[PDB]
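A short worksheet on the structure shown next.
Letters go in sequence order (proteins before strands), and every chain restarts at 1.
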Amino acid sequence: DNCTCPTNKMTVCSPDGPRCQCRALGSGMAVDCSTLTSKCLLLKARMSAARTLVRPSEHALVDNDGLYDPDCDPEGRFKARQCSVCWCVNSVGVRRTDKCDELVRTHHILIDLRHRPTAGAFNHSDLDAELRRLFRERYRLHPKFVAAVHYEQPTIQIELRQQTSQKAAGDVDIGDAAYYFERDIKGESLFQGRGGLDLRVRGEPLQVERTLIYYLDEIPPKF
Amino acid sequence: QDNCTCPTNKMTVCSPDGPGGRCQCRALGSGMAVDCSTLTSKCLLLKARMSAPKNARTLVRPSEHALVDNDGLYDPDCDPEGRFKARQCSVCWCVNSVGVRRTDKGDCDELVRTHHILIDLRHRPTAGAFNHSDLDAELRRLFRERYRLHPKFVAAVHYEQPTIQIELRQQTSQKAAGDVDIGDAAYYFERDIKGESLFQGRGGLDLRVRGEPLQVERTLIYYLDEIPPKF
Amino acid sequence: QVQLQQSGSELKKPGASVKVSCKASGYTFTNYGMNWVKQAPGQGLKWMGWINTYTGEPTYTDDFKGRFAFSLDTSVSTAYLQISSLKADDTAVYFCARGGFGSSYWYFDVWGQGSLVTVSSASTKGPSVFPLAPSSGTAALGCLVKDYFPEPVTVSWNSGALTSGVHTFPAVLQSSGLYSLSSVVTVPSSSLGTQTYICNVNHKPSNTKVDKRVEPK
Amino acid sequence: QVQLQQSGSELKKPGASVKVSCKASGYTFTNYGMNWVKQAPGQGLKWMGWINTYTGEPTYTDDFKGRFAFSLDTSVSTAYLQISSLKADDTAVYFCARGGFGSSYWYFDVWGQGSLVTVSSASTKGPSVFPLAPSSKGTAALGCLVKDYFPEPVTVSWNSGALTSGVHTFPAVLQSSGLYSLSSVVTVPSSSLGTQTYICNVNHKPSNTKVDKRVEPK
Amino acid sequence: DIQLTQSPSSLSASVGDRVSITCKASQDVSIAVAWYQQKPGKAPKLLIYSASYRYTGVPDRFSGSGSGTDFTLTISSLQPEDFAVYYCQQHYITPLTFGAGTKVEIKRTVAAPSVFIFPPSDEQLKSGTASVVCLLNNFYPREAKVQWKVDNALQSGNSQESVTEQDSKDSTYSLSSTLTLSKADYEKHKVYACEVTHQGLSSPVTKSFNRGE
Amino acid sequence: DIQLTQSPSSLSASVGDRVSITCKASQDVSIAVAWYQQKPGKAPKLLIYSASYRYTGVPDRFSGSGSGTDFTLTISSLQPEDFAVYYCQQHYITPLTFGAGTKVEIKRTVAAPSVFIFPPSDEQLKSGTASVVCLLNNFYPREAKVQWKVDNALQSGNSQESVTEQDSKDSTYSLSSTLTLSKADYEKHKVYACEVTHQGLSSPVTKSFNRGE
Ligand SMILES: *[C@@H]1O[C@H](CO)[C@@H](O[C@@H]2O[C@H](CO)[C@@H](O)[C@H](O)[C@H]2NC(C)=O)[C@H](O)[C@H]1NC(C)=O
Ligand SMILES: *[C@@H]1O[C@H](CO)[C@@H](O)[C@H](O)[C@H]1NC(C)=O
Ligand SMILES: OC[C@H]1O[C@H](O)[C@@H](O)[C@@H](O)[C@@H]1O
């Protein structure tokens, strides 16, 4: 009965237009709720949001590059330069230089999942069909941008491929689809009203134990 | 088991080729003799994993020019005691005792100890209810029994559904001889959570709180060193 | 052998409560959500909400909040629908139907057989049976079966020897809260003077059995 | 009402097969492993192996593999134990017992009641009943020897149940013939001999054998 | 809620025909549309999910297509077991919602109703109520209009209709219209007429009587 | 496999006694040792896991300690319901293994057996077999030796023993030893003797008979 934003729960929605209007948390930008939101704006939402949970020390180290509140352009893309210490980032916001003429697009993504061993049988055909269904239906990615699915039990790989010339105006970007998928796998749906990914293959609910994601840019990193 | 095994380290080769035909296990990728009744150092385990002969079959490898959200993996240099060498390298940096980079990359006077570790686990929401008391007792039991960590080094457990936190604390001065290091327990725990037990013959971690299984969806691990990192 | 087995038909007065059960067998109950779908008489399907069997959490819709409650007993793989403060437009078949835990699995692959819940203030009453007499080469004649509760009545003609050309209409619920139907048959008009036509009406809830002769007036 | 319910007792010939079921109720079957434990008559517990109900994979031990098979039907929350090429030393109670999937949960909290499997080439046979007569030479002892029956059990009473004090009916022994035998004895006052009559009432329901044997001084 | 506009509400077809049913969603739902079949007295059965994926065991003459807002269920060669009601459903977001249904019925040639009118019986009259019944027998297709006039005054709100399902032998419908009046109202008037409009009739048909004749 | 050496194999104790049962593992098993209790005809019940953790509902008097190779189950004050068999189990690695069990039995004062010998009946002899029975009645503790001599020759391999469970009234045991011979072997010898050694007897007791007396 109220306004929702199916493609972005990190919003506040009110019937304010001529009509539901949904604004992104942490920026206030109006959101198109019929397509995926850019990873850059979703990171700003995440960073703008503890009870007895402790916070890590500002001096703690992690085994990753560190989370940050990025700068986005008026179309919601990462600004090419992120910053005292500055660096260039690609279209999924990953640093590609050391600490920026253009925003280099990530045109190929490798997603490597390992699932928990399970009694229900399935094979590559089943996985290929199901993951392709999910990427079109849940992540709104056009079918041609899933390039390949690979399976060697218990590892699943999905290759996404989307060259600049092949991405039409309005197409969901593989980088945003990959981010929504990554968060879903970690038990955080970014959707509103769509439940979880709830991956099931040939009828078998699957549990993913480990996710690795590799990003390949149209221009190589300069390190 | 009918043949030799190494309960605390499956990244080994075991032979009844020891003195008097006794069992002996040696680490893969380094060759260090392994004590199969205590945890192997993280450094030597990383060397074993890097040495692992993968058969990709139809899986693809990431391109050499591909970027990752991580710092990247590498085969570390370990000292004769199995500790990370302070410097890791043609480009170089210093690491702390859990092998994490704590300086900028250059071209290291001490191995700075990681003395506090925060493990943050979010589990899948479940109908089964449990409280802090249950979780605290169960994680302490698992750290003592599975990882052989003394409970005095589990400094705290926190719980705000569905997020579990474990705080490990351990000064070098607090360690009796042979005590398991929190850095090694944390690594075995991390790999268990990712569905890769480093034990041989002990199944998975199989975390349950009231016998009811929990499914971990998201893991974060934070390392605090005895001196701050130098970036 | 994957199946959902629901409880039987219910008849309730306005203001009462009802609890419908849905017993799963042949699969792991907590691997799937349970959905509740309403189908009023002659109408389409309306989704009421669902319950996550793994978390126990119900989700209701705006039209089914407050006096509707979804619950579970996982130990016996059963889901329940409770409706309180019943009113007449709760009269419907209620289905339970299995789905997943997110939208790419929120189609329903396995369904219960449905539980009919009828809400009425009427009391059990047997029908009155009136002739629809053939008008003074084909004639029509019939029996009007009026003012009964609850459903059903059965109607036969000449104890089942006459079936050709018989139409027994679905019952209609009148504004009184009682049901009414007619049963008609077309016969050769030449047969009115010699063949006897009797409608046999049975209303088991009231133990009513009526044989009504239908003759030209 | 967390429960494991096993199938009933089995009697098989050497070379035959048996399938024991273990039905779980009151909990989610695929959340727990199912373990199989053997207990031969008079002996201790022996772990045979287990089956991971989530992955479907059985793990056997050196002593229980080959002609032992663990399987499942998760649709009816049931685990099965199949033993083929049965031999007499398979005679035992088999328990199913629930545990977890990793070693810090590999202790058994919920157990089935056990299924007795007896393996024998013997055919049904009622006992012969012989007197253990009281010595002709305080307290006397007398008895009935209940020899060469199959299968178990026999029941024994004295004087139709009127005599209970001082009765000992021993557990049966399996003889090398494959037939069971037991004795039932009673101690009585020496002075009662010859003024009190003593009759052992022996029932072997499998053969419908009913014997009343008066025991007298010879 | 997402509204689904399912068309047509009914269609007639013959065994062997190709049949298409459409579902229009009120906003873009990607490919998240399912289709179900339902027979009388039975639960719905899943046919298609995610617009085009056939559920296990569904005959391959059922197929689905579409994305965004417009979806189509196609039955390529209709079989007797396929005469039923079909529903689309969106599974894009909660609340999950359904189209209003499409009844697929058996095509036959046009048949005009035979029309009969029945006065109330004397037995009913003495009880206080008069039911007047107009019967439309064995007609096709279903669409039919029945109007009551009492001393030439068009009646509104005091009649109820009932219709059979298609006859198992000749695929026609029959229908009754029952006009209910108190005895007192019934005896205030003389001429009772029902007027039937149906496409197999060249002109509408009236059946009438005088009360007490 | 990890071998568990469980000690003692049996022990006699009184209600009120502190009872300790030990389990030694053949290699270091961390704290991964469980203890079970089993009564006749029943499944085992879990008492303790991970060496010291009481399972739900297990009374406070049961406790566990130990780590590495040496473990102990303690019943701080034995109660009437605690006479049973107890087993340790390691749950450190697969294959899971058990100790051989400890039977906890009721202590009472020493009671020597009454000893009786029974020749074969004439009826049995007609059948081709002779059973000779030696009875030890109402003795405590359980340990007893029964030896057969036939014309002074010690017998081996041709007897079987059976023992009752502790009597519910006086806590004693009774035992039979049955010597079985063919008729032909039985009639080759005259003197049949059973000799009973038991700590309640200052000297071993012989009961004997002559065949055919
Ligand atoms: C993967 O498993 C699927 C499902 O069992 C197999 O699909 C079947 O394949 C045969 C032969 O092509 C067809 O006749 C069946 O109709 C298929 N069934 C379904 C449900 O798709 C498939 O062949 C397997 N693939 C491989 C490479 O092993
Ligand atoms: C936590 O729950 C357990 C089990 O229900 C109960 O025994 C215990 O007292 C609880 N503890 C606290 C601190 O609430
Ligand atoms: O703490 C467990 C408890 O959490 C929430 O309140 C709900 O998800 C319940 O269904 C569940 O039983």
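At chains D and F, the PDB records name the drug as sacituzumab. Counting heavy-atom pairs under 4.5 Å, the chain with the most contacts to sacituzumab (chains D and F) is listed in UniProt as Tumor-associated calcium signal transducer 2. Other chains in heavy-atom range of sacituzumab (chains D and F) (under 4.5 Å): A, B, C.
The PDB entry names chain C Sacituzumab Heavy Chain.
The following residues of chain B sit within 4.5 Å of sacituzumab (chains D and F) (heavy atoms only): B/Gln1, B/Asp2, B/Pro7, B/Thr8, B/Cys36, B/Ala137, B/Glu138, B/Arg141, B/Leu142, B/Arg144, B/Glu145, B/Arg146, B/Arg148, B/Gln200, B/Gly201, B/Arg202, B/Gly203, B/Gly204, B/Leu205, B/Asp206, B/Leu207, B/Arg208, B/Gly211, B/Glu212, B/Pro213. For chain B, the heavy-atom paratope of sacituzumab (chains D and F) at 4.5 Å is D/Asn31, D/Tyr32, D/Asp62, D/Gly100, D/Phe101, D/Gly102, D/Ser103, D/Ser104, D/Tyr105, D/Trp106, D/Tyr107, F/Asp1, F/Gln27, F/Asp28, F/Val29, F/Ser30, F/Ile31, F/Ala32, F/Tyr49, F/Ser50, F/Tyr53, F/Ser67, F/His91, F/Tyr92, F/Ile93, F/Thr94, F/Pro95. The PDB entry assigns chain D the name Sacituzumab Heavy Chain.
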